[PDB]
Every structure is written in structure tokens, then in C-alpha cells.
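Entry with lenvatinib: notes follow.
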Amino acid sequence: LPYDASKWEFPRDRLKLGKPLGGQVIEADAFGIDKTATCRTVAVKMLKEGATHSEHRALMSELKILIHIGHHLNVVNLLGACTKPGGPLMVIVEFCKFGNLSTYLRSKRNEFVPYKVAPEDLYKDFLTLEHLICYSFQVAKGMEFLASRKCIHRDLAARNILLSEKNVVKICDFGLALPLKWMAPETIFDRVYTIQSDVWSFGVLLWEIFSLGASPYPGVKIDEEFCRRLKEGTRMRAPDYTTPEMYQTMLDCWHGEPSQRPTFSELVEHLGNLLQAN
Ligand SMILES: COc1cc2nccc(Oc3ccc(NC(=O)NC4CC4)c(Cl)c3)c2cc1C(N)=O
């Protein structure tokens, strides 16, 4: 996996480094990274001061994942990197103003209606079922993309979905991986990670969406009994903002047999249908 400096290298002196976000990720403004804007706000992952060789390797590996994967609207995309001598290793990605989707949805619990009714200004900036189904559809499209690149996410969860402007959501932290609440039974018991175990996790992500950012498995200690009951077929109950069709979609993603779960291409088609029906 070679590094194409002519494509990706960005001058460190064309960044204004700002506040920490959320690794050592900071907000920054970049000057001339984008031909349509003089100044563009970006997120920068910077190698810690005193990083070990292993830690340095790891951030470089992350950069090469971002290069290799390619561009998609629903994935957090690489804009540039600072790799040359005279400063820290820095990985520059698109900025997602609203941050992670779990935190964001929780902030909107008192600003949700199933659909707006005229006069719609009574629901200014409210979330709706359309928003939630739309976020779901977008994540399915991003995972279909990742699957097509032979990439398994391994920790698909609402905390790893970022919200940008214009209700665009972006998957992050793919290929890098509490955690047990998103893991398919085969992952927990057999340590098998596949695109079908990501589909299971997508199911959990859907529950997080349609609970407006709740933590999965409320009231349950994540221990051997949790794992045993999951294996025996027990599943989360319908969350507070779901439609019946979306709940059935969760159940489908949680089929005990990985081969009987929908594919992400099937989920894109299905959610796209649910979105037009809604
Ligand atoms: C406003 O809050 C945030 C905005 C962000 N925008 C873009 C990227 C972010 O963070 C990330 C999130 C992930 C990656 N890296 C990857 O996704 N790497 C994996 C693909 C190889 C990077 Cl660099 C930066 C952001 C984080 C916050 C925040 N409050 O947490």
C-alpha cells in the first residue's frame, strides 16, 4: 500500500489548529484543501507527543485504510495528510458538524414528531420518521459500499456514525476495533467477524436510531447470561419511536443464522422502499 504524496500531502502551515473533539482528534481550518472554498473546517487526527513505534504504525495504518477504501458520500472521507518531516503525522478528514449520531439523537428527544403537519414552522428543526429512516438508509448504503470494498467494519454502532450538514450521515472507525452489545452471537462465541456479523450490528444501530439514542439492552448486565439468552433467541423489545416495519427489520438483522440475515444491498432496497412508503 504505497503513499501518493502528490495526491494527499497537505502543508502543515495551511492549517489553523483548533479545539479538541470527542484519539487526539481536533477541529482545524484548512486553507486551500478545497477548490470551491478558500477556508474549510476539517477534523485532524494527530499522532500523540511521545508516541511509540507501534502507536505511530497504527495511525499510519489508519491513514492507509482511508486512502485504500475510496470515496463514498456515507463514509468519512480523507481530505489530506501531513507525513513529511518537520511536524507530527496528521490525518485530515471531512468535518461532521453535529458529531456522533447517538449523542445527537438524544439531544432531540423533545423535538420529535412522526411527521410535520402544516403550519410546519411549529416543528422547526424537529426530527421525524423520515429523518430516522433516511439515516438508516444512508448507513446501509455506506455499509454496502464498505462491503463492496471487502471491508468489515467490526464495531458498527451509532457512536461511529457522524452527522454532517443537510442530514448527511457518515460511517467512521471501520476496520479499527460495552462492545458486546453490538456483537453477533457468532462473534461473541466463535470470534467470527464477517459482513453478516456487521448486519447484526446494523440491527442494533437501527434500535439506537429508533430509540433516539438509547443504550442497547437497558437494565441488563452484559455477562454470561446475556450471551446465553442471546444465543437462545431473545431479542430487544421494540424501541419507543419505531414503526412495525423497522422493528421487523431489526429482528431480521438479528437472525441467529448469519446466512439468513438480509444483505446490505437488500437493506438499501428495503429501506429505500420504506422511505418512499413513509
Ligand atoms: C463535531 O464533532 C466531531 C466531528 C467530527 N468530524 C469528523 C471526524 C470526527 O472524528 C473522527 C472520527 C474517525 C476518524 N477516523 C476514522 O474513521 N478512521 C477509520 C476509517 C479508518 C477520524 Cl480521523 C476523525 C469528528 C469527531 C467529532 C467529535 N465530537 O467526536
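Residue indices begin at 1 and follow the sequence shown. When a ligand or atom number is given, it counts from 1 through the structure's own listing order. Values below: all heavy atoms of this structure, side chains included; hydrogens, waters and symmetry mates excluded.
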*Chief contact partner of lenvatinib (ligand 1) - name in UniProt*: Vascular endothelial growth factor receptor 2
_Sub-4.0 Å atoms of lenvatinib (ligand 1) with respect to non-hydrogen atoms of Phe174_ = 19 (C), 20 (C), 21 (C)
_When you compare lenvatinib (ligand 1) with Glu62, is there at least one nitrogen or oxygen pair between them that comes in under 3.5 angstrom?_
yes
*Minimum-distance protein heavy atom relative to atom 29 (N) of lenvatinib (ligand 1)*: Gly22 N, 3.3 Å
_lenvatinib (ligand 1) to chain A UniProt active site: nearest residue, heavy-atom distance_ = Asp155, 10 Å
*Does any N or O atom in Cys96 lie less than 3.5 angstrom from one in lenvatinib (ligand 1), N or O only?*
yes
*Please name the UniProt domain of chain A carrying most of the interface with lenvatinib (ligand 1).*
Protein kinase
*Output yes when the distance from some N or O of lenvatinib (ligand 1) to some N or O of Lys45 is under 3.5 Å, and no in every other case.*
no
*Specify the protein heavy atom at minimum distance from atom 12 (C) of lenvatinib (ligand 1): its residue, its atom name, and the distance to 0.1 Å.*
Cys172 SG, 3.8 Å
*What residue and heavy atom of the protein are closest to atom 7 (C) of lenvatinib (ligand 1), and at what distance?*
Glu94 O, 3.2 Å
_Applying a heavy-atom cut-off of 4.0 Å, say which part of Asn100 lies close to lenvatinib (ligand 1): side chain, backbone, both or neither._
neither
_Could you help me out with the residues around lenvatinib (ligand 1)? Anything with a heavy atom closer than 4.0 Å counts._
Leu21, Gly22, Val25, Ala43, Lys45, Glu62, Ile65, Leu66, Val76, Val93, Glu94, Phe95, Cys96, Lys97, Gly99, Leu162, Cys172, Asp173, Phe174, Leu176
